[PDB]
*Asks:* 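Below is a deposited model of Dual specificity mitogen-activated protein kinase kinase 1 with selumetinib as ligand.
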Amino acid sequence: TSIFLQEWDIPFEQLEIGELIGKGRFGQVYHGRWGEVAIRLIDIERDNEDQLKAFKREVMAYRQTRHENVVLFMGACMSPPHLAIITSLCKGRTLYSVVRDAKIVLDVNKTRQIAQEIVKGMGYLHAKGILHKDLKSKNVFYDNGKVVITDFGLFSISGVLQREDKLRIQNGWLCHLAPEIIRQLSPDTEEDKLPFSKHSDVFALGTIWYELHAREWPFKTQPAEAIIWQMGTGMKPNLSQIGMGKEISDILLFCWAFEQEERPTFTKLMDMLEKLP
Amino acid sequence: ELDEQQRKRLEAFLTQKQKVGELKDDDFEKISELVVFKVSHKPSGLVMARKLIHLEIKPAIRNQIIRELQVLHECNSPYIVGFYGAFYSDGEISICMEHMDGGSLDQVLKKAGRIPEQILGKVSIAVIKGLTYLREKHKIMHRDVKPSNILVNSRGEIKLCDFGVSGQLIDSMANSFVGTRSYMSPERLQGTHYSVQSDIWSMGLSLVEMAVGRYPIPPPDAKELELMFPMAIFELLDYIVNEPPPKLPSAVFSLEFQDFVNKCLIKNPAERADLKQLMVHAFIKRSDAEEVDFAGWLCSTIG
Ligand SMILES: Nc1ncnc2c1ncn2[C@@H]1O[C@H](COP(=O)(O)OP(=O)(O)NP(=O)(O)O)[C@@H](O)[C@H]1O
Ligand SMILES: Nc1ncnc2c1ncn2[C@@H]1O[C@H](COP(=O)(O)OP(=O)(O)NP(=O)(O)O)[C@@H](O)[C@H]1O
Ligand SMILES: Cn1cnc2c(F)c(Nc3ccc(Br)cc3Cl)c(C(=O)NOCCO)cc21
């Protein structure tokens with residue numbers, strides 16, 4: 001009914017909670033001291049006990065994770081109604097902030113390298129049988145060539161969807177969802193029962209690949225309902241309007257494939273990215 | 001475009017405009033919830049409707065928002081809601097507008113069973129001329145016509161609100177709320193070029209919903225149509241794009257009304273009736289020359 005932070009391999013004596021790092025739909029993310037750390041405080045309503053019973057299992061799954069491209073999960077303590085997820089602190093900037101900065105230059109070679117790093121981390125998480133299901137440029141950090149993935153698996157227990165018969169969509173969420181997920185969305189759909197898969201995470205990476213070159217999300221102009229229909233029927237943009245070669249456009253064609261089984265695995269995707277100019 | 005009684009109160013509105021000056025939060029006392037709130041202004045005796053939209057962004061960007069929002073001080077029409085001012089308080093932008101004691105058309109449709117054809121005629125005329133005013137006088141389209149954005153009052157006038165006057169506010173929106181009722185035109189769902197024709201579709205779909213008392217997509221079966229007299233979001237949107245548009249029952253409504261909504265719900269926006277063609281349609285010529293006490297219907301219907 002509780003998880004102690006003395007159950008963790010990271011030896012824990014004291015934890016200092018600092019300032020808030022930023023605004024976020026899922027809990028509050030504060031600075032921390034352990035070395036500096038990132039503490040995410042969450043509240044559980046003390047209902048769906050069996051769902052948080054699975055939250056504990058998913059957290060213990062994080063314990064077996066360690067990879068240079070995946071944020072170091074360091075511990076988690078649960079004294080209901082309060083939970084806390086403690087991960088290593090990422091210095092640098094989110095890929096969201098980097099991609100939208102005028103001074104930062106993003107040639108084709110660095111975008112190939114940034115993508116390969118995210119693929120390597122996701123390939124590890126898939127090999128360990130872990131689905132990230134909320135891959136965005138706000139959950140990838142970039143510090144002068146160091147690329148780390150963040151917030152994997154949180155979306156299942158997130159509760160970011162919660163009006164009466166009206167589902168909440170944030171700006172960049174829809175364009176990362178594969179068509180099989182988009183066709184499921186409903187005002188009373190919940191994050192725990194959405195058909196996520198390894199193919200859906202590959203689709204989310206395809207969105208990031210578009211974001212790396214266009215340096216903006218796909219379907220930027222259009223409202224949420226138009227995005228839902230266009231993505232559900234399989235309409236997807238390309239990168240030719242900015243002069244990107246076929247090599248860089250084939251990445252999207254494979255990752256954004258309408259049928260799940262046509263999307264490559266991350267190992268195969270790593271091969272594909274190796275063969276770019 | 002012309003009337004004297006409508007000019008009588010619109011200039012009196014501009015007499016009440018003098019003491020609005022500038023606005024800040026402490027001027028207001030929360031009266032009730034209608035997110036919008038009915039509020040009591042104390043620097044001037046006006047009771048107002050102040051709408052709060054929660055957005056966080058750098059100062060210069062929302063200053064660009066206010067520059068774009070102050071255009072509403074310029075647009076004045078008996079068919080669009082009047083504008084007081086827009087300030088930024090507590091990280092939530094406020095838009096101060098007329099309080100219309102009748103509410104929106106969706107909650108009065110929730111109050112009534114169905115809305116009769118004669119009232120919907122006057123509603124059609126005012127929405128057409130309101131959109132006409134915006135497009136011809138300010139080069140803007142509404143972009144969000146639906147029953148929840150058409151307001152009524154006990155004086156008897158109806159006005160359009162929540163129309164798109166600012167461009168940066170579109171992008172500045174942090175998120176959006178997508179439910180089971182969608183009023184977006186097919187052409188906008190498919191991401192093609194769109195004009196006021198999309199607002200005409202939204203008007204037509206709003207009219208049929210208010211006429212029958214139910215959101216008309218998907219169409220009801222035979223048993224539900226007699227009694228009147230679990231679907232994902234993508235299934236609805238794909239029904240709007242590919243399946244034939246909704247239509248009124250042929251028994252209880254006049255031909256002029258049925259043809260009017262049919263011309264508004266043509267999928268092809270080039271064939272869809274425009275504001276000018278609607279101004280000539282037989283349905284609104286007939287409705288314009290009718291004696292209907294709209295205030296009497298409202299006050300007796302809502303109570
Ligand atoms: N390890 C970390 N190092 C540095 N910043 C972090 C770290 N983890 C989270 N943050 C920041 O904390 C803030 C909130 O993060 P989060 O709750 O994940 O929301 P988000 O993913 O950025 N956007 P959203 O998905 O809509 O909630 C953001 O500014 C993140 O960049
Ligand atoms: N000037 C007004 N006078 C009276 N009621 C108003 C006025 N403006 C808004 N309202 C009320 O405010 C409610 C909410 O407004 P709004 O923010 O547009 O949400 P909504 O129209 O109901 N649905 P949505 O527009 O998709 O968020 C409406 O249902 C009206 O009842
Ligand atoms: C995108 N966008 C650009 N400009 C806008 C604008 F002015 C708006 N409001 C408005 C306009 C005129 C009058 Br008169 C009264 C109102 Cl309340 C809205 C709006 O009401 N969004 O509601 C979103 C859901 O909460 C949106 C705008």
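Lettering of chains follows the sequences in order, A, B, ..., and the numbering in each one begins at 1. First listed ligand is number 1; within each ligand, the first listed atom is number 1.
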*Asks:* Provide the full list of ligands or chains for selumetinib.
*Replies:* ligand 3
*Asks:* Counting heavy atoms under 4.0 Å, which other chains neighbour selumetinib (ligand 3)?
*Replies:* B
*Asks:* Extract every residue of other chains having a heavy atom under 4.0 Å from selumetinib (ligand 3).
*Replies:* B:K51, B:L69, B:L72, B:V81, B:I95, B:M97, B:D162, B:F163, B:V165, B:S166, B:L169, B:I170
*Asks:* What's sitting near selumetinib (ligand 3)? I mean other ligands or ions under 4.0 Å from that drug.
*Replies:* ligand 2 (phosphoaminophosphonic acid-adenylate ester)
*Asks:* State which organism the entry records for chain B.
*Replies:* Oryctolagus cuniculus
*Asks:* Per UniProt domain annotation, where in chain B do most residues contacting selumetinib (ligand 3) sit?
*Replies:*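 The UniProt domain in question is Protein kinase.
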